[PDB]
Q: 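Quick one: the structure is below, and I'll ask about it shortly.
Numbering of residues begins at 1 and proceeds along the displayed sequence. Just the heavy atoms: all of them, side chains too, but no hydrogens, waters or symmetry mates, feed the values below. Read the numbers this way: they start at 1 and go in the same order the structure lists the ligands and their atoms.
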Amino acid sequence: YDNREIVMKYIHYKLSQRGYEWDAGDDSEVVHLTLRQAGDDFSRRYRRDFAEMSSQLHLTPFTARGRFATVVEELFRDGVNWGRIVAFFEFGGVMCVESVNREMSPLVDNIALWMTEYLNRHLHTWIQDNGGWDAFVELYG
Ligand SMILES: CC1(C)CCC(CN2CCN(c3ccc(C(=O)NS(=O)(=O)c4ccc(NCC5CCOCC5)c([N+](=O)[O-])c4)c(Oc4cnc5[nH]ccc5c4)c3)CC2)=C(c2ccc(Cl)cc2)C1
């Protein structure tokens, strides 16, 4: 599995779904389909949290990484599970949408990098040891 691909496809899907553009994301399949379906379902179930986050972020170029780090720490404070990983992807999608809304499209490239590195370094061992994306697909696909 390729975490950069997973992030790129997911962000492209979310942005395209809501009418936003991301130049660098213009373009195993089972993981991408499962992740985007899970995230759509999460956003429907927690739509109030989704709207609240969308309206409160108030991003700027110098604060975006801190907003990202602050939410991700809180999201995982009580431990990682697959639903919190889906929530992390959905949050990354909100950060990207809000970046364009604030006329800061270049931040989408940064956020995709931060998500990828989070998967590659912080979440990597938990994901591997709890069965990888294959287990996520068996559970929720
Ligand atoms: C600063 C903040 C921290 C403040 C708080 C919040 C918001 N909070 C974040 C944590 N949150 C969680 C966490 C874990 C779970 C969970 O059950 N965990 S679980 O048992 O592992 C699991 C259970 C089911 C599925 N799948 C169902 C399938 C149904 C058929 O279709 C395929 C999927 C999965 N799964 O991984 O797919 C995994 C969960 O409940 C669900 C319920 N339905 C779900 N559907 C998909 C995922 C999911 C999770 C919800 C609640 C909302 C913040 C916030 C704000 C905006 C954005 Cl944008 C983001 C975050 C920021």
Q: For ligand 1, which chain gives the most heavy-atom pairs within 4.5 Å, and what name does the PDB entry use for it?
A: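 Most heavy-atom pairs under 4.5 Å are with Apoptosis regulator Bcl-2.
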Q: Determine which of rapamycin, itraconazole, venetoclax appears at ligand 1 in this structure.
A: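 The answer is venetoclax.
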Q: Define the binding site of venetoclax (ligand 1) at 4.0 Å using heavy atoms, by chain and number.
A: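 Going by non-hydrogen atoms, it's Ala38, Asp41, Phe42, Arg45, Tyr46, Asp49, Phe50, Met53, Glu74, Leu75, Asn81, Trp82, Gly83, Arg84, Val86, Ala87, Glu90, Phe91, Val94, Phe136, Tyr140.
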Q: Mind checking whether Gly83 has an N or O less than 3.5 Å away from an N or O of venetoclax (ligand 1)?
A: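 There is such a contact, yes.
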Q: Going by the order shown, which atoms of venetoclax (ligand 1) are within less than 4.0 Å of some heavy atom of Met53?
A: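 Contacts of venetoclax (ligand 1) toward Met53, numbered from 1: 55 (C), 56 (C), 61 (C).
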Q: Within a distance of under 4.0 Å, is there any protein heavy atom near atom 17 (O) of venetoclax (ligand 1)?
A: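 No, no protein heavy atom sits under 4.0 Å from atom 17 (O) of venetoclax (ligand 1).
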Q: Would you say atom 6 (C) of venetoclax (ligand 1) makes contact with the protein, given that contact here means a non-hydrogen protein atom less than 4.0 Å away?
A: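 No, there is none.
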Q: Hey, does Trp82 come in under 3.5 Å of venetoclax (ligand 1), counting only N/O atoms on both sides?
A: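 It does: an N or O of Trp82 is found under 3.5 Å from an N or O of venetoclax (ligand 1).
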Q: Among all protein heavy atoms in this structure, tell me which lies nearest to atom 46 (C) of venetoclax (ligand 1), with the distance rounded to 0.1 Å.
A: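 Minimum-distance protein heavy atom for atom 46 (C) of venetoclax (ligand 1) reads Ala38 O, 3.1 Å.
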Q: Among all protein non-hydrogen atoms, which one is nearest to atom 41 (C) of venetoclax (ligand 1), and what is the separation to 0.1 Å?
A: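 Result for atom 41 (C) of venetoclax (ligand 1): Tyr46 CE1, 3.8 Å.
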Q: For atom 22 (C) of venetoclax (ligand 1), find the nearest protein heavy atom and state the residue, atom name and distance (0.1 Å precision).
A: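 Scanning the protein heavy atoms, the shortest distance from atom 22 (C) of venetoclax (ligand 1) goes to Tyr140 OH, 3.7 Å.
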Q: Nearest protein heavy atom to atom 44 (C) of venetoclax (ligand 1), by residue and atom, and its distance?
A: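 Its nearest protein heavy-atom neighbour is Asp41 OD2, 3.6 Å.
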Q: Please tabulate, line by line, the atom pairs linking an N/O of venetoclax (ligand 1) to a protein N/O at a distance below 3.5 Å, with the distance in Å to 0.1, or answer 'none'.
A:
{"from": "venetoclax (ligand 1)", "atom 1": "21 (O)", "to": "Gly83", "atom 2": "N", "distance (Å)": "3.0"}
{"from": "venetoclax (ligand 1)", "atom 1": "36 (O)", "to": "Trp82", "atom 2": "O", "distance (Å)": "3.3"}
{"from": "venetoclax (ligand 1)", "atom 1": "36 (O)", "to": "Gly83", "atom 2": "N", "distance (Å)": "3.4"}
{"from": "venetoclax (ligand 1)", "atom 1": "45 (N)", "to": "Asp41", "atom 2": "OD2", "distance (Å)": "2.8"}

